[PDB]
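All residue numbers given for chain A refer to the PDB entry; the residues shown span 1-315 in order. Hydrogens, waters and symmetry mates are skipped; everything else that's a heavy atom, side chains included, is used. Counting starts at 1 for both ligands and their atoms, in listed order.
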Amino acid sequence: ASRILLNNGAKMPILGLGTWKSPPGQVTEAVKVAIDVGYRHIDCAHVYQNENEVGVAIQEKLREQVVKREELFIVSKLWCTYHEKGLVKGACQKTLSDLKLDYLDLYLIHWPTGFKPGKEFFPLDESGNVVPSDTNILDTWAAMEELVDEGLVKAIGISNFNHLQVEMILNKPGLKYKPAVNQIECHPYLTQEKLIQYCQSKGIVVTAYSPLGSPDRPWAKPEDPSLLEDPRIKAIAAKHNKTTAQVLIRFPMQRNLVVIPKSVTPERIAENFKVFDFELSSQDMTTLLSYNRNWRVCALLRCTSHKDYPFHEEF
Ligand SMILES: NC(=O)c1ccc[n+]([C@@H]2O[C@H](COP(=O)([O-])OP(=O)(O)OC[C@H]3O[C@@H](n4cnc5c(N)ncnc54)[C@H](OP(=O)(O)O)[C@@H]3O)[C@@H](O)[C@H]2O)c1
Ligand SMILES: O=C(O)Cc1nn(Cc2nc3cc(C(F)(F)F)ccc3s2)c(=O)c2ccccc12
């Protein structure tokens, strides 16, 4: 099926379009094409600095009556320099105004770590360490709950939270809404069995990011593994008469995950949605799972000293 039921009683499309690194002069086209081609979920964030252009696309397709707003599932994230209680609603409203929406279907705390507020997204000290904010995840979550109670967002969630930080929220005193989603990195080199089982056992839907290994990540290094070029993954693809990306997108779908491949290439945007007509076998799934290397696209090492840095813990 195309959607998964969230614990807020809404349905989330299991395939969405990613927008991190999508250039502001190509992302309007990319989102139009995606909607034309069937996508109903767009993954956004203020920190991606292109929400305005994404919004233009959404608006035009609504205007054109290609889609209705209820059919869309639009997701954004609160950036780290806005975890202070007084900053969350305006952060959300900026996103709404940029995307030209009057509500978000899902709004996530982008990272468990709060940073010092200001103009700077990664405020640094004279040793290039990120400057923390004294906020904690629990008060931040309480501020996300108010957005639900004010009608600005239909559901709230988390991203890059480890199982202990998920547990902190579920066990938060006076918790009012549980997280609907945990959005984490997940692909055959970072399979996440443990964190995924934890979350699903609690009725928290997991969204897999960087499902293709983020080949356009800005810090790519030569000896880094490459999913797209992995001969073993290519062989499974060939066996199924599909592309490697198709296998890499279909792979988290069969784990009951949501997946958001990024592309600005219209041929790829199309290709990437054509993943509902074939099935990986259990052997394929276990074989893909066997490629785990605990390799992360996204683990910015200048945050390692943050108290809430999520990746020291095993899972
Ligand atoms: N929560 C967070 O912390 C977080 C972190 C990272 C990512 N995310 C989200 O997850 C989305 C996906 O992750 P990602 O952007 O890191 O990377 P990704 O989706 O794994 O890979 C995107 C790269 O793959 C290429 N590509 C797309 N389809 C392809 C295909 N069929 N064949 C060959 N290459 C293809 C794209 O090229 P072109 O664009 O040139 O076609 C781009 O260079 C992001 O865009 C963002 O929405 C969230
Ligand atoms: O975030 C995006 O979606 C993609 C993303 N990932 N990363 C790697 C990161 N690693 C982190 C680690 C922590 C930490 F929690 F661990 F402290 C906190 C924050 C980050 S950002 C980036 O540095 C980044 C920079 C600009 C725009 C998007 C991103």
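- In this structure, the drug modeled at ligand 2 is zopolrestat.
- By contact count, the main macromolecule holding zopolrestat (ligand 2) here is known in UniProt as Aldo-keto reductase family 1 member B1.
- UniProt NADP(+)-binding residues of chain A with a heavy atom under 4.0 Å from zopolrestat (ligand 2): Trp219.
- Protein heavy atom closest to atom 13 (C) of zopolrestat (ligand 2), with residue, atom name and distance, is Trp111 CE3, 3.3 Å.
- Heavy-atom distances to 1 Å put the closest UniProt active-site residue of chain A relative to zopolrestat (ligand 2) at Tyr48, 3 Å.
- Using a 4.0 Å cut-off to heavy atoms of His110, the atoms of zopolrestat (ligand 2) that qualify are 1 (O), 2 (C), 3 (O).
- When the UniProt substrate-binding residues of chain A are filtered for a heavy atom under 4.0 Å from zopolrestat (ligand 2), what remains is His110.
- Source organism of chain A in the entry: Homo sapiens.
- Taking atom 17 (F) of zopolrestat (ligand 2) as the reference point, the nearest protein heavy-atom neighbour is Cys303 CB, 3.0 Å.
- Counting atoms of zopolrestat (ligand 2) from 1 in the listed order, those under 4.0 Å from a heavy atom of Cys298 are 6 (N).
- Selection from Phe122, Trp79, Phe121 by nearest heavy atom to atom 26 (C) of zopolrestat (ligand 2) gives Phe122.
- Remark: zopolrestat (ligand 2) atoms within the under-4.0 Å shell around heavy atoms of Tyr48 are 2 (C), 3 (O).
- Residue-level proximity to zopolrestat (ligand 2) for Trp20 is carried by the side chain, the only part with a heavy atom below 4.0 angstrom.
- Judged by the shortest distance from any of its heavy atoms, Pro310 lies inside the 4.0 Å radius around the atoms of zopolrestat (ligand 2).
- By the 4.0 Å heavy-atom criterion, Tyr209 is excluded from the residues contacting zopolrestat (ligand 2).
- Under the 4.0 angstrom criterion for non-hydrogen atoms, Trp219 is in contact with zopolrestat (ligand 2).
- Polar contact with zopolrestat (ligand 2): absent for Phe311 (N/O pair, distance under 3.5 Å).
- Looking at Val297, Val47, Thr113, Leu300 and measuring to atom 10 (N) of zopolrestat (ligand 2), the nearest heavy atom belongs to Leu300.
- Heavy atoms within 4.0 Å of zopolrestat (ligand 2) belong to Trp20, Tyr48, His110, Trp111, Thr113, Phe122, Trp219, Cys298, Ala299, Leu300, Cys303, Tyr309, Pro310.
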